*Asks:* 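Looking at a model with isoniazid; I have a few questions.
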Protein chains: 2
Amino acid sequence: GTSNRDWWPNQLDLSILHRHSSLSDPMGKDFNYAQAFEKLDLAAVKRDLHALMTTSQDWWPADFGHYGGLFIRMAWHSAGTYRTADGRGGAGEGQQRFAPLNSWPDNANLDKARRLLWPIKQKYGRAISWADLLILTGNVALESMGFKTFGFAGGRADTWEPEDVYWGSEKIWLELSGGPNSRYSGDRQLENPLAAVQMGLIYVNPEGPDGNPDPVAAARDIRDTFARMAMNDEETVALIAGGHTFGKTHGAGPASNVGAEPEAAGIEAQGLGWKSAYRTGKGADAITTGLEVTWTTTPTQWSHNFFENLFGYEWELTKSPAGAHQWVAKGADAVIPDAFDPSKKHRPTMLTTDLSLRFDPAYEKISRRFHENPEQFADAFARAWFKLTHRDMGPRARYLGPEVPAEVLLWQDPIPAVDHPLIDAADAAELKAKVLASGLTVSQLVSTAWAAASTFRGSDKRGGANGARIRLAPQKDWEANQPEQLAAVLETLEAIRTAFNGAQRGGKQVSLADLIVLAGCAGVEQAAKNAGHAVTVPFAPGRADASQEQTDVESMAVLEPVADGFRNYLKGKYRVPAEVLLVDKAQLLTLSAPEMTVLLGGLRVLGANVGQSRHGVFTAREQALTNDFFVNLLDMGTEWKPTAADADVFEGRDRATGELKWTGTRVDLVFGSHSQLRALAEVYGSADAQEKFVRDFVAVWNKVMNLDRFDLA
Amino acid sequence: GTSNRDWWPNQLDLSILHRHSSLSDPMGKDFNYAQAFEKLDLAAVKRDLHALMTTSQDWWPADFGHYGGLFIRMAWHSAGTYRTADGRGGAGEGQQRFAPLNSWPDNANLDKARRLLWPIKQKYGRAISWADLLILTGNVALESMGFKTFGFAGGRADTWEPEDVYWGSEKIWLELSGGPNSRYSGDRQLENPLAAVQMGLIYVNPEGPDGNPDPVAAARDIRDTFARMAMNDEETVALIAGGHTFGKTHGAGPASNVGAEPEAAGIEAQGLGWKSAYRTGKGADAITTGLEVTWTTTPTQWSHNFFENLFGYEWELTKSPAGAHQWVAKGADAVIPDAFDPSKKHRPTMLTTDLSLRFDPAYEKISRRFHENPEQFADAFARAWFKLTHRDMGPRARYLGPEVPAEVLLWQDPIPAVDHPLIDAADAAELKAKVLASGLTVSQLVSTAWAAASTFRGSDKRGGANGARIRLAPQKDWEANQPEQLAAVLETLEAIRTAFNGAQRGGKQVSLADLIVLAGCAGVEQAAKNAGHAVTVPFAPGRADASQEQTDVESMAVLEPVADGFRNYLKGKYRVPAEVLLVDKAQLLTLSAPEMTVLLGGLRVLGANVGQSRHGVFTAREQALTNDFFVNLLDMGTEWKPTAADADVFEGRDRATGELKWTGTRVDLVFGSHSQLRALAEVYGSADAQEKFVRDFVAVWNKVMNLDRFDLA
Ligand code: HEM
Ligand code: HEM
Ligand SMILES: NNC(=O)c1ccncc1
Ligand SMILES: NNC(=O)c1ccncc1
Ligand SMILES: [Cl-]
Ligand SMILES: [Cl-]
Ligand code: NA
Ligand code: NA
């Protein structure tokens, strides 16, 4: 069946904005997962999971009689697809169960793990999402084996179709670097936003870089990919050594025995894959990765044996029965149990990537400290495991259930509790009138509030106007935020706030986070008034102001807009066309194509462009909220040509006279080009559309303002 | 970006069921196009369109000073993608403005036509859809040029993204037959459901089959493609000769002058394509197809000159300035006007496909009759043009506005008006009790109502339970409908009906159409009662019984289910896998993936399978409405394997004992295999889901029952 994608392989793909519709969702449109989960008897689930750990099923027998290792790996992989660059991946939408992740080579035999959990899923039904269950199971595994976890938050709602995520351009699973679609360039620089070394891996190749078993060089990849997953050196050592305290790898025989991944398997496989022809195909004969390593003498019990072994022995290179590189302790005693035969024991073994923890000089110092103080190791691993598995859950307000940790962590971008009465409608109207009487312009108010709100991304639910972090490092200095204009606006707002708060009785006051938003609302209302329309922009109070001390500046770097088509901003020159970046941004903002279209056309005429650029400002009444962008964009009286100076900027001239009327960017003109966006533009560009445009603008504006307001959910 | 479609190119694609969501739609959820159109001043639009016909724009100058020909071609093409095999294509969704149809070679320069309409679109806004405007503009063109149309109906709502239609497998535009993805096999047999000879054509190649200019062989393709678009010989001659009474083709210079189609063109082209490097690139220099033919001496006025010329001259093969085969009149004077230069005239010319109307012996007779009786020609063309442009509109109840023809036509599958009081809720309860007392089983009732309702397709809005056509030829005889069982059920229902109707006062009666449906509802209520659930199934009366004379039996043939996964039925062995045919069917029924899942799992346990097959009947309480399908399908205690007799049937055996528990087909097992369908199955298979299952089943049931009930909109 030949498709639009086959005929026009570089056209824009808008379907990414329209996933997750009510059509694909089996739950009623009123279904509220948070309220279902809040009534789940979580202790009862955890008792069932505890039982599970040691109830071996013959179709996938439990190593050492205990599924703990397998489930820890399953949870780790669920969380481990996470990239800080865009917030995509991670455990928070249960995407391990869909394509492609369910069939990634690094996820081999995690299909068995997920299937082991069906009876418990089935028992508790909609009160526990798969997403939450995968993470909970990991926790229970650790707990069953003697490890005290830091806590657990429910709240990850299930999703019903695969996400659209750029995982790389390679066309071959696990392709080595330096191919026609290499994710590496220069001096082993991994392309953003990727966070793994090969297509279908979680982070790194366990044999070493492109299969070279050099622990020192492997450590370089570990550090890079873990950093791209938001983990520093301490966290990375804790997580790796923590996880490889348990279980084993599977490599009983040659890898050519293993069949098709789940999405390529036959229908009879019922969603399972990697069927193995090697001996029994499971248990003692299992092949997953091809490595054959068991790290510890008690693979079902928390211990400090990983570091005891790592440091206690000297290691020699060897080959698994599948031929993969791995390490064995030279002439150790055979002290490591066999997973199925109680009369066999084995020597200590390690992956090349495990040895990285000892032979990378930075890791070695941390690893030694963990070896000599295994309580520090346990506390670090607990914290890191919580961070791993919760990193894409968003604000602490989404955390559910009785095991949520009380401690507030820096990585959570915490927002202080509000302890005082909030402003009401009359107060909001008085502030709005003050903001407008200060002489702040429509353009300044809208740009500031846009800049504050639009850092939100739905992928990991980081960002947004809550916190007033726009006033702090690093946001206040991002080029897209126009630091000098921003500083002037914030100064005037802060004076209005101080005066307002000083006049109150009874503890009422307004946060600057709220006022920035409210001022943006005044701006949009004044714009509408300039166009002759009386509208009220909805506003919900209750944002609070975070301090610089509660704001990790390095972690905030990834939220910087380098492309914001909504402000006609591109920080530099990229290989990805600007219109593609626009749609990506709209996806992170959770906008549909209609919402993206309305919003952009309104922002243009409000003066939200960075640097007061006239590109796409197709109106002779700037700062009035009108549909002029659309009417003028669609006017066939104008002819567009790319400029000689820049192929990415266009001049619009009167077709009859040649007179220069406007200039625009690819982001502006895509709305007159792409056949689906033009259809949208046409609706807003019609003579009956003025009222619709304003109402839809205000709605989407409001929506953007509220993206991070999970305190109100 | 490598996608799931690249990795697993033969997986099922469920996104086709979830297009056309609220997310992609710029109109509010409450927007009702019918009500907007009913307030449009249609007369005023038509005045504006009249004005347009002779308002020539410099960017695409009107031939002969009149755009009529162009707009007739535009409207023809809009309607001309229609296939009777699935009802997909046609004018009714305005899909000509989206990919791929906006960029089909046969639609070249229709982008200009559509752009000329923007001011009118813009003026009237949401009150007239593009879909309607394209056909209206065709009508006005004809009327402006002196042809009186049969009438016009509004009501085609706009759509907002491209449909997912199989247009063929070729990877090259216009590829000739016999390639690696040939749409032809055997003795020039065109593959169903296709209705064009080459990828990117409407029907046939104007130079002749695969470009060989044999009018007789061309006539074969014409007949086959037009038949696949629901037109017989009389209609086809009328339409072709009718249409080529107007306008001209465009072929002023070599085709290598013509640039990128709209979807490939630059952003600066603002949605237009085929920019030509030949001389001025437009007007007198225009290149569209490459042919250069002008059929009549008055290309802007209705005449009888097409047949005068066709029969009046003998024809010699020649070449256009682009090199295409075409025909010129032997010995003729230069009597055809030039489109731009009043001092030039040309000899009469014809396409190979025009000469088909004279050299095909069957077309010749029709053509001669039209020649000698031009009133018969005019009336046939009027009727055919109305049919062409309204064929996919569905029931007459959907027809809006003041130009709707009063005459009821056979091809509309008309439904007689209801002239008597309808049964009310007390009568419906009485009939249900009678149906249940008669001894008809749950399985009989559900199968019959399913068979009646499930002929509906949303593509052209044909089919459905309205009419009681299940009791007529050919439906009563379809294998999928189990003719023998059907005849017994209809006999018992007809007796219940006669008794009920005979007992009434005041003209009240119930149609068999309604009773079939109501009986289906009683069967579902009983099934629910068998399972311990107290369920009332919604019923809406008002169907009427159509007569055999109101039911064109040939036309009905295309509605025969050769694949109906909802009754585990496949009429033969096909190249397309059965699960693909299931999803296609669900798409025609307007079902989302959840709806398709719930519906199939319920039908299985209700006994709706053809021949009482046990395949997929995964319950020990058949005829009870339970979620057993799901719970049993997902039970990991069962292992599935294809049978030795048949690779498409599976045996499910107890994994521990080897005991045979169930058998199923690919349609059954796909719900436990495909990762998105399995996620749905899991909701319905959960321990808290029995009530949800029942309620969702009843909802989808009712939806299917009501699919053709446009009298209730
Ligand atoms: C550089 C990072 C990592 C590498 C390259 C890596 C590699 C691997 C490989 C190759 C296996 C064997 C899979 C198989 O054949 O069955 C595995 C197993 C395992 N890994 Fe990791 N790992 C890494 C980090 C982690 C982390 C962060 C955790 C959890 C905190 C984790 C926990 C596990 C566990 C529990 C298993 C045991 C599986 C079982 O018992 O079935 N690993 N690892
Ligand atoms: C065998 C069926 C047909 C064939 C092969 C065919 C072929 C063509 C071709 C090649 C053109 C020239 C396009 C160009 O270069 O601008 C055209 C023009 C046209 N056709 Fe057809 N045609 C078919 C049927 C129809 C029908 C059914 C209608 C309408 C009822 C129609 C109405 C027109 C009109 C009005 C034009 C003139 C366009 C103008 O003046 O710009 N044709 N046809
Ligand atoms: N791949 N997923 C995302 O980009 C996303 C998910 C949910 N809301 C916004 C964006
Ligand atoms: N491709 N188009 C269809 O299959 C369809 C369209 C509208 N309703 C149901 C089915
Ligand atoms: Cl994602
Ligand atoms: Cl279609
Ligand atoms: Na994410
Ligand atoms: Na259709």
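Chain letters follow the order of the sequence lines: the first is A, the second B, and so on. Numbers in chain A track the PDB entry; the residues on display, in order, are 36-748. All chain B residue numbers match the PDB entry; in order, they span 36-748. Header entry for method reads X-ray crystallography, 1.9 Å. In each ligand, atom 1 is the first atom listed, and ligand 1 is the first ligand listed. Below, each value reflects all heavy atoms present in this structure, side chains not excepted, and no hydrogens, waters or symmetry copies.
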*Asks:* Counting duplicates, which ligands or chains stand for isoniazid?
*Replies:*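 All copies: ligands 3 and 4.
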*Asks:* Which macromolecule in this structure makes the most heavy-atom contacts with isoniazid (ligand 4), going by the name the PDB entry uses?
*Replies:*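 By the greatest number of contacts, it's Catalase-peroxidase.
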*Asks:* Which other chains sit close to isoniazid (ligand 4), with any heavy atom less than 4.0 Å away?
*Replies:*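 The other chains in heavy-atom contact are B.
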*Asks:* Can you name the atoms of isoniazid (ligand 4), numbered from 1 with element, that are less than 4.0 Å from a heavy atom of B:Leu623?
*Replies:*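 Here the atoms of isoniazid (ligand 4) in question are 4 (O), 9 (C), 10 (C).
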*Asks:* Looking only at heavy atoms of B:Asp199, does any of them come nearer than 4.0 Å to an atom of isoniazid (ligand 4)?
*Replies:*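 Heavy atoms of B:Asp199 do come under 4.0 Å of isoniazid (ligand 4).
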*Asks:* Numbering the atoms of isoniazid (ligand 4) from 1, which are under 4.0 Å from a heavy atom of B:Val200?
*Replies:*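 Listed by number with element: 1 (N).
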*Asks:* Can you report which non-hydrogen protein atom sits closest to atom 4 (O) of isoniazid (ligand 4), along with the distance?
*Replies:*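 The protein heavy atom lying closest is B:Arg123 NE, 2.9 Å.
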*Asks:* Please identify which atoms of isoniazid (ligand 4) are closer than 4.0 Å to at least one heavy atom of B:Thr625.
*Replies:*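 Checking each atom against B:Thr625, I get 8 (N), 9 (C).
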*Asks:* Please work out whether any backbone atom (N, CA, C, O) or any side-chain heavy atom from C-beta onward of B:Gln622 is under 4.0 Å from isoniazid (ligand 4), and answer side chain, backbone, both or neither.
*Replies:*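 Both backbone and side chain.
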*Asks:* For B:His55 and isoniazid (ligand 4), answer yes if some heavy atom of the residue is under 4.0 Å from a ligand atom, otherwise no.
*Replies:*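 Per 4.0 Å heavy-atom rule, B:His55 does not contact isoniazid (ligand 4).
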*Asks:* Which residues that bind heme b according to UniProt in chain B have at least one heavy atom within 4.0 Å of isoniazid (ligand 4)?
*Replies:*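 Heavy-atom check against UniProt gives nothing.
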*Asks:* What atoms in isoniazid (ligand 4) come closer than 4.0 Å to a heavy atom of B:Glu128?
*Replies:*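 Atoms satisfying the 4.0 Å criterion: 6 (C), 7 (C).
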*Asks:* Looking at isoniazid (ligand 4), are any other ligands or ions under 4.0 Å away?
*Replies:*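 Found: ligand 6 (chloride ion).
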*Asks:* Could you tell me which organism the entry lists for chain B?
*Replies:*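 Per the PDB entry, it is Burkholderia pseudomallei (strain 1710b).
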*Asks:* Which chain residues come within 4.0 Å of isoniazid (ligand 4), judged by heavy atoms?
*Replies:*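 The binding site of isoniazid (ligand 4) (heavy atoms) is B:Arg123, B:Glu128, B:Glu198, B:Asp199, B:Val200, B:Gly493, B:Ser494, B:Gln622, B:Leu623, B:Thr625.
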